[PDB]
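Chain A is numbered as in the PDB entry, which gives 238-393, 398-502 for the residues shown. Per the header: X-ray crystallography, 2.6 Å. Read the numbers this way: they start at 1 and go in the same order the structure lists the ligands and their atoms.
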Amino acid sequence: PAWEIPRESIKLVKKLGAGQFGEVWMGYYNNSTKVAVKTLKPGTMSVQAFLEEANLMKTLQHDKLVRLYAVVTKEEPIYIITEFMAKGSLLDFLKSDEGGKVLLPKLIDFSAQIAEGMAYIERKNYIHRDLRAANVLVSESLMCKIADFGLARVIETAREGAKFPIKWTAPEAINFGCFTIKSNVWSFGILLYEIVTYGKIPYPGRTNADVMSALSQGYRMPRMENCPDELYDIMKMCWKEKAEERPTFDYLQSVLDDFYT
Ligand SMILES: Cc1nc(Nc2ncc(C(=O)Nc3c(C)cccc3Cl)s2)cc(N2CCN(CCO)CC2)n1
């Protein structure tokens, strides 16, 4: 479309990450605008499936979601160009010495910002399916934005090399293949655990299979050290066995915007 831009109007400067399917760079569109560039490593992924993410981002545009700016899809090395988030992923940020100094009022603010982005996705009739701290990005001004739309779908299917985050996925989605906005709410509850514990892995020392088995037996993570009851009740609401009895993202954004600290 008019999402295509000439290659020359993009200068790649600093390599930020390397995956099996390519690379992530910080760069510049036309000298002016600071951007992030995702590079497709040829042949590993299809070019079709690599761009599936961008095509979805074309239609998914909100303040609390990382914005697409453009693509380069005319010759071999395929680029996806987006809004740049200075602080990197929320997970990595929480584990850093800086994030480890970020107190509970601001942590609850983080989660509310994410609940807002998810309220949009809900309202837009989409699902994310890959909602975790690793897939949220932090700006200089400490704004949290939902990233990584590889597994995202419109309601009523998986991209190449995909892989669901077992420990973040609702049991009904694992066992019955039932991905809905309500399975994202489960994920959000796990994301809340990640925020309050400063980027700790879900179910410490437990294997994915132990997790799957334990959940079918009615296990939920016990209240975490230094996490107020009111916050744990919100997590608990997200992990309700019966999907239909889990809250809306509109409710979560409201209640978290409403928790004073
Ligand atoms: C992995 C990473 N990304 C950063 N910024 C990004 N902004 C937006 C990103 C993104 O991927 N967008 C995107 C694209 C491009 C395509 C499809 C979909 C999407 Cl959502 S990646 C910063 C960062 N840093 C390294 C560690 N730091 C501490 C030590 O200095 C700070 C900075 N590392």
**Request:** Specify the chief binding partner of ligand 1 in this model, using its name in UniProt.
**Result:** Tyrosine-protein kinase Lyn
**Request:** Look up the drug at ligand 1 and give its PDB name.
**Result:** dasatinib
**Prompt:** Should the proximity of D329 to dasatinib (ligand 1), defined as any heavy atom under 4.0 Å, be assigned to the side chain, the backbone, both, or neither?
**Reply:** neither
**Request:** Specify the residue and atom forming a covalent bond with dasatinib (ligand 1) in the deposited structure.
**Result:** none
**Prompt:** Which UniProt domain in chain A is home to most of the residues around dasatinib (ligand 1)?
**Reply:** Protein kinase
**Prompt:** Has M294 got any heavy atom lying under 4.0 angstrom from an atom of dasatinib (ligand 1)?
**Reply:** yes
**Prompt:** Which UniProt ATP binders of chain A are under 4.0 Å from dasatinib (ligand 1) in heavy-atom terms?
**Reply:** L253, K275
**Request:** Say whether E290, considering both its backbone and side-chain N or O atoms, lies within less than 3.5 Å of an N or O atom on dasatinib (ligand 1).
**Result:** no
**Asked** Between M322 and dasatinib (ligand 1), does any nitrogen or oxygen pair lie at a separation below 3.5 Å?
**Response** yes
**Request:** Enumerate the residues contacting dasatinib (ligand 1) with a heavy-atom distance under 4.0 Å.
**Result:** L253, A273, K275, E290, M294, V303, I317, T319, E320, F321, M322, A323, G325, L374, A384, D385
One line per pair, note the atom names and distance for all nitrogen or oxygen contacts under 3.5 Å between dasatinib (ligand 1) and the protein.
{"from": "dasatinib (ligand 1)", "atom 1": "5 (N)", "to": "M322", "atom 2": "O", "distance (Å)": "2.9"}
{"from": "dasatinib (ligand 1)", "atom 1": "7 (N)", "to": "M322", "atom 2": "N", "distance (Å)": "3.0"}
{"from": "dasatinib (ligand 1)", "atom 1": "12 (N)", "to": "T319", "atom 2": "OG1", "distance (Å)": "2.9"}

